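Numbers restart at 1 for each chain; the letters A, B, ... are given by sequence-line order, proteins then strands. Each ligand, and each atom within it, is numbered from 1 in the order the structure gives. All values below were derived from every heavy atom in this structure, side-chain atoms included, with hydrogens, water molecules and symmetry-related copies excluded.
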Amino acid sequence: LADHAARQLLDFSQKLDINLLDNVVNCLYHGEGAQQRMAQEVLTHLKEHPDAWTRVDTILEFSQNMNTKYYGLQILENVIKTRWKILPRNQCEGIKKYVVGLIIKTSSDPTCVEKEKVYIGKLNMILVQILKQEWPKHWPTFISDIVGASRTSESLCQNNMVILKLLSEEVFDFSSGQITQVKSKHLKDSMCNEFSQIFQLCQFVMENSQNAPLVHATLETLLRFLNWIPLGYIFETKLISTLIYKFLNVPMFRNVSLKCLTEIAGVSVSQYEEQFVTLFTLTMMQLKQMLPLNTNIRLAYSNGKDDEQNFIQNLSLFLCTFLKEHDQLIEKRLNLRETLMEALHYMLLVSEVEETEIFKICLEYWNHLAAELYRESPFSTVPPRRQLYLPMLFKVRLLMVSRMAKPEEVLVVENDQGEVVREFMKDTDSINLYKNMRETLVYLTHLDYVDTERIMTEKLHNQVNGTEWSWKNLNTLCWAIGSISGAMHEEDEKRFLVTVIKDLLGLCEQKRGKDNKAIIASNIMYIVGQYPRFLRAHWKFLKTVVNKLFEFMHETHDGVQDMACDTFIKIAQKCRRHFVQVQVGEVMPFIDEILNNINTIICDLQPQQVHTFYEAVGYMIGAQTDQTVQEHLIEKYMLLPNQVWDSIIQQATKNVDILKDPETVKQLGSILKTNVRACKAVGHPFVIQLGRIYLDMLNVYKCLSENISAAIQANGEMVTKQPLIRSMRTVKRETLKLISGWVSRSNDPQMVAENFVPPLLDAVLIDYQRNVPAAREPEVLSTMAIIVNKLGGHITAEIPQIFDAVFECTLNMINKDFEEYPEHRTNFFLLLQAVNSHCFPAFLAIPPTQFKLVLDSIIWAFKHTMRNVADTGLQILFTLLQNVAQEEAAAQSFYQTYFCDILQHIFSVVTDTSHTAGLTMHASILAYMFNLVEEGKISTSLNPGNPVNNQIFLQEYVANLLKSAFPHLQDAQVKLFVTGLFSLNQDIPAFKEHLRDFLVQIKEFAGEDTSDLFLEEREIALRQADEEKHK
Amino acid sequence: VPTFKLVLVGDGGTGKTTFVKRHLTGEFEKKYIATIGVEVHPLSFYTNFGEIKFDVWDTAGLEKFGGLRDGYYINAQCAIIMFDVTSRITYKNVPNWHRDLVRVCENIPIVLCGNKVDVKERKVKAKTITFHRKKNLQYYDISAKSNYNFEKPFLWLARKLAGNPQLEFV
Amino acid sequence: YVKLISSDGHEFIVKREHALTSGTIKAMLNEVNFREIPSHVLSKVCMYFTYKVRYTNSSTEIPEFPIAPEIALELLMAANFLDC
Amino acid sequence: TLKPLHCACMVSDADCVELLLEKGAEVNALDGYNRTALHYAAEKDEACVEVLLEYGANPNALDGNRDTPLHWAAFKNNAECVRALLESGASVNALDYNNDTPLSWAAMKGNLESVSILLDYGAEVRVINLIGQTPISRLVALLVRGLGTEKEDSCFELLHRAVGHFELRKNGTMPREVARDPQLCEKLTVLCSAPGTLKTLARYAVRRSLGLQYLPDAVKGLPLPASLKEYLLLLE
Amino acid sequence: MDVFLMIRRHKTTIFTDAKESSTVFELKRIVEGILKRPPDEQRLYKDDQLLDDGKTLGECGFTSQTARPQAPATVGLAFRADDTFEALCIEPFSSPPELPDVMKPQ
Ligand SMILES: Nc1nc2c(ncn2[C@@H]2O[C@H](COP(=O)(O)OP(=O)(O)OP(=O)(O)O)[C@@H](O)[C@H]2O)c(=O)[nH]1
Ligand SMILES: *[C@@H](CC(=O)NNc1cnccn1)n1cnc(-c2cc(C(F)(F)F)cc(C(F)(F)F)c2)n1
Ligand SMILES: [Mg+2]
């Protein structure tokens, strides 16, 4: 095992054994189990100890394997990051010379590169840190030396270009969060001044040098630099011309040249139009040279290798970006019209590529073009831009219809300790893709609705006669047809959908076999669901569709029933009104007929389909406006499940032990699920059904609670794996879901509070408190949370009872550690936020000890790791502070008792790395606190210093706290930081960046103005900020 | 026989350990046990062209419990840079992890996975994940517990690595 | 009953309501004479009268009425004249 | 998997098809889907149909199911295509493997123009396909579903006039789907129960007698009065 | 069930409906109903074959299946012309004209 040899690596009292260190480092990457565990542990401990110099200066020399030298470089980078400005200048110069010597020795050994590529890269990174901390003043000649060494030889020039790339990255793209704002500004200014010296070396190596590795490295460097290069160098030189001519038309340079051209095109300046025009023209010429207009781009991509695919994608990116940015310019340039059309054809061909990313990239520009054209004029198909683009739109529409992401997204998920359901996704990547395609297609239809009609008709007919028959094609065409909905005037929609339905029914009759029949059934069922506007004008057709759906729900073939139920509910939602009225030529509203047949329609559907169908019916009932008719409707509507409910209730009354019968529990769960869906759909009037079962519902909930608690006691947590336990927990969750849902839908808060609320407090809260912690139901808290959210103040009186019931027992679950019972934490803090935001006076009334415990809970909240919990805690705290501003009577006492502790806790959290996510909330809270302080509040936070204005005592207190936390900070640092807090009080973004800046400094053993403080610069920034917040 | 290694990167609170735990044993985990250092998890897959195995390395995404930082990446042939769609900041840190990765890798196959799309509060709006494009990265919307797209990252990595565009799991 | 006389002089006897089907007969309404309807068509129209009045408002399917193609033209002419 | 002439018909460009017909020996040539190019010409446009018919294109070209181009021309309601194909000598009563005559397919859509033309060329109305449906049966099934408008009403009027008489009460009762539309089931039942005026029966007998020729020109040679021949052309 | 009979004699023509069980005597009263000729003075024939007045319609050469209201059955009738059974003579209907050219078969 060799742990006895291993633990010596931390023995810093003796010289390092380079051989053993290298062996352990290599075994890390070639070890397992305890070997890897303790290896990484020892290495991490080793990297932390102070004597890093003795270890580095030895590893980099006597290390055999490369990764060991890499680890030594990592240690030295830690040293350079932490203790740089406090090293003796002797060691500073020694380190600088040692690293530059190592770099020169390693880089020039071969002509361009060696197996040290990672090792030389990390050497470059070390030198880049040194440069970050020493460049603008201690090495005012480094840039000139780099340029000279570059001109001297290529084995130095390539590595110098790598160095420059790394430095430009670190200085212009990765500064925030790792370098102070003022230091970053200084470095960027220095680079702006020193670029040209680099630029001429770049131009030399680009136009005269011919070492392909070197030129590729230079192109990468230019790409990176382009993110910030002053535009004078870019557009006012020959750089674009050189790129296009000498590097876009050779396999190993075209990728990088195209990336650079893309970055150049993305610029949005207005006075560089001619440079853009020339760029586009030359680029198109070159593209025609390498990529002819008639190439089979799709086959090329499928068969092509990484380079070809990357070139295709980057061609797409360049075209899309340049067009989105300046296409109007070329469109105005008459002579280039042919090139414009050729570029459009390029993007057409690329669009055929089967890669999703490339298709999305092209679709982005397509959507932009369509939206721009629609804005140009809202009327359908003369507008100038539209007049120009018209010829392409035909192919655009053809592609849009041939390819169309499926709108649906259905998944099978198992939850509740083993219960499987079906779920739908809202805005995953695929759904967004479909949304973009649909939006573009709708715009295009608004342009040429007639052409869309013709294309869709032709594709459908092609499916009919078997010429293009294929399930994939049929589904895609149906999704495309559904994509447009109301896109055309309802008369044209009438004609188009009539034709489509006739053709689809004809195809259904023509084909045969269960598979084809099922596919076509799903297809038409989808199409109809997406056209409620047509259905609401054709009562006969709507009735026929509903009847056919009823017929389908008896089908046993998989897929038919689920789609049938989904279509039925979709139709009910958008057509609820017509089912509850007598249509022309009808005797009774169609709802009445449906209700009478509920018995047999669902005779074959599985429980989930049953719930969905009941939800659809409920949606249908809600449209009813007559209260008495609605009540009769609801009575008959819930008649059926109520019978089983009452039977089970009577059986339980005869003997409650039936509740341990799994079948009865499952039936109860199904009944409650049905009721939940009905409550969701019907809305407030559903109370009539609720009252009929409220009391026995709560009673059975209590009985199941008792049963589950006893089972857990006798068997422990493991018994939750028992399906019976799963079933009771189901029943409970669904009961709570019903109650919370109805309360959400209810709109008579006083009636709810005085009728339905107290029974919960009786039979749920004390239950929760009594239950063993493991079996306590987290959803319990959410119900009261929603009840409070809806009732507002009307529930205030019972807040103390609710809290005495649940609050004390909840915290003991979530105070021992940060991890366990997360759902409990989320629900509890949601409840607390609701109470604070709506029932604040309750907090004033409860004993001060309870309020103290609440504040402790809030602090524990925003001290958590999970970002949601922390954000909830911070929001609760901010709302609490806001509210207390009105309770002036107790406001002063609350300040005196908690303000200093809260401020301490906020600074504690901010000064920690694991909570940068809530930086904005921290800034807001601190700004509010300091506004309270400075603007003036009556009391004084410290009795001995009663005459001492808080504006001074708090400054001193916070300075002392920061010093205690971080001794190595210079007094000037802390004093400036605290003064800025007041100065940056009203400029919340400035306050946030100031907090981040301070967070940067604490990580380093900063020096005594040793290139870190820039005190005079900060003074000017803060003093005007103090003036800024002043006015 | 074929063998590789895999390193996971991405700031904490984005499901780095849950993916590997699920693929190893299949059942979800809720507790946010912060990862320490790196854990070696031997992993296996079966395909139409046989079995391929990943030695998965789980790098903690917390600055306070990370360990060796980039040194873990030295021998890796593939990695997933993951974040969370619900936590916007986790996305803003993706470029930082990408940089820290490439500098020690030769543009190896890397997949960007946006976790926790099952949550209905999609703070990280789609239509604003354009970064993965310009770095030739393969992007997947994923979820550890709902299993949405739960196999696409591994499948795509296997296709690009073993070198067989017809590869498929079974 | 009513007696129908054809153009060729043939005489046909049919009860009133049966023969009453023709609108020309209703306008006429105990004898009717036709200058243009030959016997072979008068018998055909009488058979049609009995056929219709037998199957009028018939729940069961009505068997087809056989017609000789040779007589078809004058049969149609007679039907129009009688507007049966 | 298709000849260039078939693709030209796909685009249905008269110039392309007519210039490719210089090779027109392939005009009656099958392809991957067994669709003779005349089928596509009928599906798309009348000009292609005409030009193909000029160069000896077979009007009754079969396919994988024998659905002659006339069937497709009717199904698409390409009135001019249908009339041209028939005038050139297409089998008005061409039978597919299901015996679905072109009139049956025209009714399937309730398209008035093609049905009118097919009747005008003496199409058979009393045909019954293998599944047992009939033109009027399918047109009614369309009306049950509530689709269509006054156009389908006129199409049903023309079919009712043509068929002379018809019955729908299979086994003495209406089909289930029709039953759910009492305000239409009553109309259908009263139509079924009414024996039909003798004039209509005589009209049908005459129309059968004439046969397959173009009737309205054919009737011109008849001695029947102008109004009554118009009636024979289903003007009432 | 019932059957429809076509009664003819010379140019005369009479239509009626008779049940199968109906006796030919019943048809004799039916003739009497419009004709002053008594029943004994009437004798009926099926294609010249004398019909027994006592015979029932069902057992004779007439039945509903054989004759329909659209397709009746001809019945020959004779009087006692000069106190003697006149030889049966049914005057045929005028021969139909000749089919025009258009309507000849294909
Ligand atoms: N909504 C949702 N949450 C998930 C999913 N997977 C994991 N989580 C949550 O995210 C946390 C993931 O923790 P880890 O596995 O350690 O991954 P991490 O968040 O990146 O933490 P580190 O590995 O230490 O960096 C879990 O505690 C879960 O609560 C998921 O698929 N959907
Ligand atoms: C044609 C015949 C059919 O019913 N096919 N489906 C199956 C599948 N499995 C067993 C038995 N039959 N056909 C297919 N679809 C339709 C049709 C569906 C619908 C919809 F509402 F369900 F989408 C409506 C209609 C309508 F509107 F009534 F015409 C028809 N018919
Ligand atoms: Mg983890």
A.B. asks: What is the name in the PDB entry of the chain with the largest share of contacts to ligand 2?
C.D. replies: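 Chief contact partner: Exportin-1.
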A.B. asks: Name the drug or drug candidate found at ligand 2.
C.D. replies: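 Its PDB name is selinexor (bound form).
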A.B. asks: Judged by heavy atoms, which other chains are less than 4.0 Å from selinexor (bound form, ligand 2)?
C.D. replies: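 Chains with a heavy atom under 4.0 Å: A, D.
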A.B. asks: With a cut-off of 4.0 Å on heavy-atom distances, which residues and nucleotides contact selinexor (bound form, ligand 2)?
C.D. replies: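 Counting heavy atoms, the site comprises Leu505(A), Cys508(A), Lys517(A), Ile524(A), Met525(A), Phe541(A), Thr544(A), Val545(A), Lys548(A), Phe552(A), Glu555(A), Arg145(D).
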A.B. asks: Mind telling me what name the entry has for chain D?
C.D. replies: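 The PDB gives the name Ankyrin repeat and SOCS box protein 8.
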A.B. asks: Per the deposited model, what residue and atom form a covalent bond to selinexor (bound form, ligand 2)?
C.D. replies: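 In this entry the covalent bond is to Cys508(A) SG.
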